[PDB]
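Opening notes on tramadol bound to Sodium-dependent dopamine transporter.
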Amino acid sequence: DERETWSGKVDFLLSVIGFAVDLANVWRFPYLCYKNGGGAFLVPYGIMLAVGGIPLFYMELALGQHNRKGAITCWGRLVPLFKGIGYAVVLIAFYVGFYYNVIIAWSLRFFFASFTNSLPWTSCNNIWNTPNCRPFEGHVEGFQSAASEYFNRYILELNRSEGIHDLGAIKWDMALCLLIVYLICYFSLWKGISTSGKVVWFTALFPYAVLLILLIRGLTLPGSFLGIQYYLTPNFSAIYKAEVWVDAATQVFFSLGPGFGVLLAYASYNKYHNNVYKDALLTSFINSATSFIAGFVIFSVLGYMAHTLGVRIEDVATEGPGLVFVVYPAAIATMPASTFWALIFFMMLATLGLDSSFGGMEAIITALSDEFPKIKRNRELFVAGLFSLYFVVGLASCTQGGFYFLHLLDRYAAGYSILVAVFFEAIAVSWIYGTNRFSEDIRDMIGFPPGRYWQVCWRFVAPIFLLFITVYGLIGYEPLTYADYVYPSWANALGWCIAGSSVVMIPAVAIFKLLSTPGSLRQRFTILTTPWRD
Amino acid sequence: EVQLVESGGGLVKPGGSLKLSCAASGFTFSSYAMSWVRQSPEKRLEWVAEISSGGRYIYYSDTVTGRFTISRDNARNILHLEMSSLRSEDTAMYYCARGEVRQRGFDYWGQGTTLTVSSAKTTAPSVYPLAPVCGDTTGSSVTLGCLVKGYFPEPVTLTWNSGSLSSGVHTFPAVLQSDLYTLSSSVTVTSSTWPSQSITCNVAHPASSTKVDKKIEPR
Amino acid sequence: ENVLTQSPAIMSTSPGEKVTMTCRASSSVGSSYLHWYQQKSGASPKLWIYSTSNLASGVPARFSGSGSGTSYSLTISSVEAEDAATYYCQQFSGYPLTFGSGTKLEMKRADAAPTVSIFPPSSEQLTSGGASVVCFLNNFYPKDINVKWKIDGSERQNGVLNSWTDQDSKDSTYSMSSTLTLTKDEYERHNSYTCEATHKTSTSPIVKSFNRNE
Ligand SMILES: CC(C)CCC[C@@H](C)[C@H]1CC[C@H]2[C@@H]3CC=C4C[C@@H](OC(=O)CCC(=O)O)CC[C@]4(C)[C@H]3CC[C@]12C
Ligand SMILES: CC(C)CCC[C@@H](C)[C@H]1CC[C@H]2[C@@H]3CC=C4C[C@@H](O)CC[C@]4(C)[C@H]3CC[C@]12C
Ligand SMILES: OC[C@H]1O[C@H](O[C@H]2[C@H](O)[C@@H](O)[C@@H](O)O[C@@H]2CO)[C@H](O)[C@@H](O)[C@@H]1O
Ligand SMILES: OC[C@H]1O[C@H](O[C@H]2[C@H](O)[C@@H](O)[C@@H](O)O[C@@H]2CO)[C@H](O)[C@@H](O)[C@@H]1O
Ligand SMILES: COc1cccc([C@]2(O)CCCC[C@H]2CN(C)C)c1
Ligand SMILES: CCCCCCCCCC
Ligand SMILES: [Cl-]
Ligand code: NA
Ligand code: NA
């Protein structure tokens, strides 16, 4: 086969290490440790990682390398009745890009905003603050931090949106950042993985540089140890609570991202007899390693806020963009050489997102190249049209009420969509295709069959591991709300369409492939359950 | 425990077609890739074919490719090898070796089965007993002999006294010369044992329905 | 194809000594794929060392293995006679899979002159118009030995079938059989048949002979 292949082996490694390590390593794993019994949280985290995630992480990386094709084709050549999986997985990757790149633009607008000596978000006597302001985070909502009013009232101007319907003015300073993002994408992966494979060196290694700097300045700070205590001081009571084994199980899933079509796409250019098993374990480790490390960077600074700046930690130990955009920038502002910690930090946050946004694009570009060769013969040109659809719709997220539109996509674009999709991937591979077939495939590739441990995690554990999350994840349904803004019933119904528009293509192309073929039913499933390689 | 048994194979005329069989037992034959390794009569090992466990990955040596076919019956736990357009350099003993992990090699090996490809024709031996020269005999232990000359193909089974005396037996390997094998075995027994006790040569050649005893009587 | 050659081809060693054998690949081989097989005289081969150094179950710890790249070796610390075998290396990295030429480990012992014994043509064979004289040379060391036939006085060079045995398993010795064959007419037209075996144990060769009448 004249397929392409990674210019170097590190280009595949750093392309995967970068897709996996993003802001959720910096902002949701330290919170989960802090909230759920400290270091003791590492137990259910590691258990849910050992039996549920890395099993799944391994399974996809091996498939992608072996079946050598992108996400759509690789499920047609494996179980044709379930070719719809590849279609679902790809537009989910299409939907996410409608908001994921915005979070990078926020970083870039803060990076551009950190070119000064008095960082704007530190003082509360500016044109955008309110009389109900505090210089640092508190626990009353009418009174927000000076670094949180700079975010909601100047950077986002969310105070000028009465809801989802009131998008209000397009803010072009943010639009110009969203373009700088999609341009940073295009010229880094238009010509192929010949160049994307190299681009990821800066964007995947630079965070580790900024981490080591911020890990030193964080740890060499008055009150730095007090943070490390709140991070890891073990309370094994939380072990008992099953609400913690869901938070471990759900964080392991989205932090590694198996069954997303990316690792499959990235492996499809791997050389056949490459030891993917080694790559799976080495890659997965550097992931959870970076999150454990990153909690030290965050919570060293987070302890310094409590001891020096006089805040209750439960008021600064937050998750999500509030931490990287309000809380941590607020403590940077108090440190000497603050303009330096600002720039590396936001240039960290940006690079943390780019590698991961690269993977989403490629899973779409590769799945389409490997099926509609008009796309393949016209790569450079195709991507232009793709990223422009992103930018144009993305202008809806650069308005004043932009956040409300993002929050909807954060919840529905790829929420319950992907969880069922991967459940059908585990079922399609461990059961319909066959671990019998699958292990025989791997042995031909790397030289040995997967240990009976892996086979068992693939066939039973992972399906009930995914089931564990979707069940305990539907039990906690609440209508979409931000602050007091209750999203209207038609906005959820809309978000249900984009959540359905993925999963529906599983029984759709199951039905369409059934009806489009000749024979009798057991002759029907047999013809649609025997793979191409067979 | 784990054990393999190769079966089928024998004499074949050149261009002919023979099929071998390896019966696995003592382990999950479905889980393990097997491979066929052959050994020429010049004692050099050579790999022939490999088949994956499910049988969907099949690698051939460049020598036997297009002529051999290695199939696999995971129901009855039988590994197969179908030979066609048989050449003479295909002559060897064929081994059924269990290897799944390349990094571990061939775990277990069967007895092996013997393929002889030759246009030459089956003939039976004529066993001559070797009684010593009548003169002299002025020694302490006496050596007898037996001559199994002019047979084909291998093997031949030579025991002394129905397989009852082994100390003092030297059964020399066969040597082919102009499409015919010649074997001889020498037996050295104490002077008090022969011709006091009966020394017979028990030759056996199944390929030609031959069961011949030639007792050693003096000259 | 990845050609493997091993040295030496044959290796005589006294028990207790230390032996080393080498395996050299025409193309480079990853360390994790080169294995070693022990095969005894007339038995199926046995997996001995897998992935360069790891012994297989049942392999005494007196065996070691090392090497990398294009040169690997098998090393026996202190040999016993239960290790007289032929050893093969094998690569499993690429297809076709290839086995090395093998090294035949033979036991070294003190020298031993042969015991020649010559046998006239059988009586049953003479009726068949054939007449072959058998000369046995048994239990001697080292392996090399050189027979010579003399019908009457003249040495006869063509018509002979020699066959050596594998090294004996109790005394580590050798035996060999030479068979000069003749037509009945050419045998009944001479009387002296001599079989003299030259060996390193004596410059003067051990002789055996007989006359067709006595
Ligand atoms: C910095 C800290 C948070 C790192 C997180 C720990 C993980 C990187 C560790 C925790 C438990 C480890 C796992 C525990 C058990 C196993 C089973 C083990 O199974 C085998 O030995 C092979 C099975 C077979 O071949 O039969 C493979 C490694 C693995 C997945 C380990 C991989 C790495 C894990 C997930
Ligand atoms: C907290 C700070 C000190 C962590 C710093 C760790 C950095 C230096 C480590 C963590 C991840 C590591 C990378 C992970 C992957 C590989 C692929 C391998 O084939 C070459 C080394 C390379 C490229 C590593 C280089 C060094 C590396 C970037
Ligand atoms: O909040 C929107 C924004 O509107 C105004 O900015 C205009 C600007 O004046 C024009 O030059 C053009 O660039 O479009 C802008 C829209 O972002 C206000 O001046 C500004 O304060 C305000 O944020
Ligand atoms: O001192 C900071 C400086 O920046 C402000 O914002 C700029 C921004 O930095 C640019 O990225 C652009 O995109 O939008 C704004 C327009 O200048 C203001 O310029 C200024 O008030 C302030 O001093
Ligand atoms: C193509 O699918 C994706 C592309 C980019 C990002 C994601 C995410 O799901 C977005 C939500 C947070 C988890 C991310 C995955 N982990 C962090 C790698 C999915
Ligand atoms: C879901 C991706 C759709 C992208 C638009 C197609 C552009 C066609 C250019 C030939
Ligand atoms: Cl994580
Ligand atoms: Na990244
Ligand atoms: Na991660």
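Chains are named by letter, beginning with A, in the same order as the sequence lines. Chain A is numbered as in the PDB entry; the shown residues are, in order, 25-161, 203-599. Per the PDB entry, chain B residues shown: 1-219, in order. By the numbers in the PDB entry, the shown part of chain C spans 1-214. These values consider heavy atoms only, across backbone and side chains, with no hydrogens, waters or symmetry-generated copies. Counting starts at 1 for both ligands and their atoms, following the listed order.
Within the model, the positions assigned to tramadol, copies included, correspond to ligand 5. Other chains within a heavy-atom distance below 4.0 Å of tramadol (ligand 5) are, by letter, A. Counting heavy atoms within 4.0 Å, the binding site of tramadol (ligand 5) comprises A/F43, A/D46, A/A117, A/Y124, A/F319, A/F325, A/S421, A/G425.
Counting UniProt's transmembrane segments of chain A from the N terminus, heavy atoms under 4.0 Å from tramadol (ligand 5) lie in segments numbered 1, 3, 6, 8. Under a heavy-atom cut-off of 4.0 Å from tramadol (ligand 5), the UniProt Na(+)-binding residues of chain A that qualify: A/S421.
Taxonomically, the PDB assigns the source of chain A to Drosophila melanogaster.
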